[PDB]
Amino acid sequence: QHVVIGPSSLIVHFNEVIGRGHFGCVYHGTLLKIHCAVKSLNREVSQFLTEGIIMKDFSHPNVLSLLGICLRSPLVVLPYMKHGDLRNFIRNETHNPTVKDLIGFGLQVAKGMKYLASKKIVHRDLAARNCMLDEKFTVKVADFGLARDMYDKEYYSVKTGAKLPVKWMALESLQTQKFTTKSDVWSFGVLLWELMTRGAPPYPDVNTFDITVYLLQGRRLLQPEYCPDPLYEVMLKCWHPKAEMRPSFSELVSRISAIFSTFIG
Ligand SMILES: CN1CCC(COc2cnc(-c3cccc(Cn4nc(-c5cccc(C#N)c5)ccc4=O)c3)nc2)CC1
Ligand SMILES: [Cl-]
């Protein structure tokens, strides 16, 4: 109810398309004198909102928050994230963040997920492409509730129906399609790997279908050259086949902050 912001407050710059999605494109906005991201929803809507309304209660420095929505293809207002998504940023030929900085972003994602895990929310699509950065280089775990979409179709394979992020998905999800907090831990492992390779595509010489047999043979992603061993030991623990022996997010926050603390820059 309070989520519903009035139409005269929100401006939407349709020519400046900042993101692109399946359900709708993400246009630039200016709510009045603050900057915004306005996500459309062109192409179910009744069902999508009731799950989304719970988003407003959530607040945490490393989780994306809801500013509001405007009814009229209803528009979803979201805080403007200056430095874009995290997959685009670490690849960006401009900012050269250190190994420490990359481990810092990963630690920040651990805290966003620790929060959401404490609320019993399963993300289901945790990846560098679905995490944003603000002016202060704070990582915000996004793509959940009303912000939920596909923002880069290449990493989603098309019998089931709904398109799945196979290369980020854990072994039980690939076989069953049942997602959990311990499955989200697998995805986090893959995301950490992205940070240490600076946004390299996981499993470059592998088809979208073939990851289940690949993983079952006893294979994992290799250790990146500048990935410090302890972090590789963490990455491997996240891909433990028993979704039980995998580490909790509170343990991930604890262990990674220890690793982060051992660097200069
Ligand atoms: C060159 N260009 C200059 C402008 C820069 C800043 O532009 C922005 C782009 N997007 C936002 C934004 C903010 C809040 C919420 C969302 C919605 N949302 N989007 C994505 C998303 C956005 C873009 C690319 C990809 C991928 N792959 C994924 C993921 C999760 C999610 O929840 C978007 N803000 C600013 C980017 C670089
Ligand atoms: Cl930090």
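In this chain, numbering begins with 1 at the start of the sequence shown. Heavy-atom basis, side chains included; hydrogens, waters and symmetry copies ignored. Order of appearance sets the numbers: ligands from 1, and atoms from 1 within every ligand.
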*Asks:* Identify the main binding partner of ligand 1 here and report its name as listed in UniProt.
*Replies:* Hepatocyte growth factor receptor
*Asks:* What is the PDB name of the drug at ligand 1?
*Replies:* tepotinib
*Asks:* Which residues count as the binding site of tepotinib (ligand 1) under a heavy-atom cut-off of 4.0 Å?
*Replies:* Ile18, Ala37, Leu64, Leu78, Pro79, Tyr80, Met81, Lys82, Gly84, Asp85, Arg129, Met132, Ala142, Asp143, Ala147, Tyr151, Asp152
*Asks:* Just wondering: what's the UniProt domain of chain A where most contacts with tepotinib (ligand 1) are?
*Replies:* Protein kinase
*Asks:* Wondering about overlap here: which UniProt-listed ATP-binding residues of chain A have a non-hydrogen atom under 4.0 Å from tepotinib (ligand 1)?
*Replies:* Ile18
*Asks:* Which UniProt active-site residue of chain A is nearest to tepotinib (ligand 1), and how far (heavy atoms, to 1 Å)?
*Replies:* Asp125, 8 Å
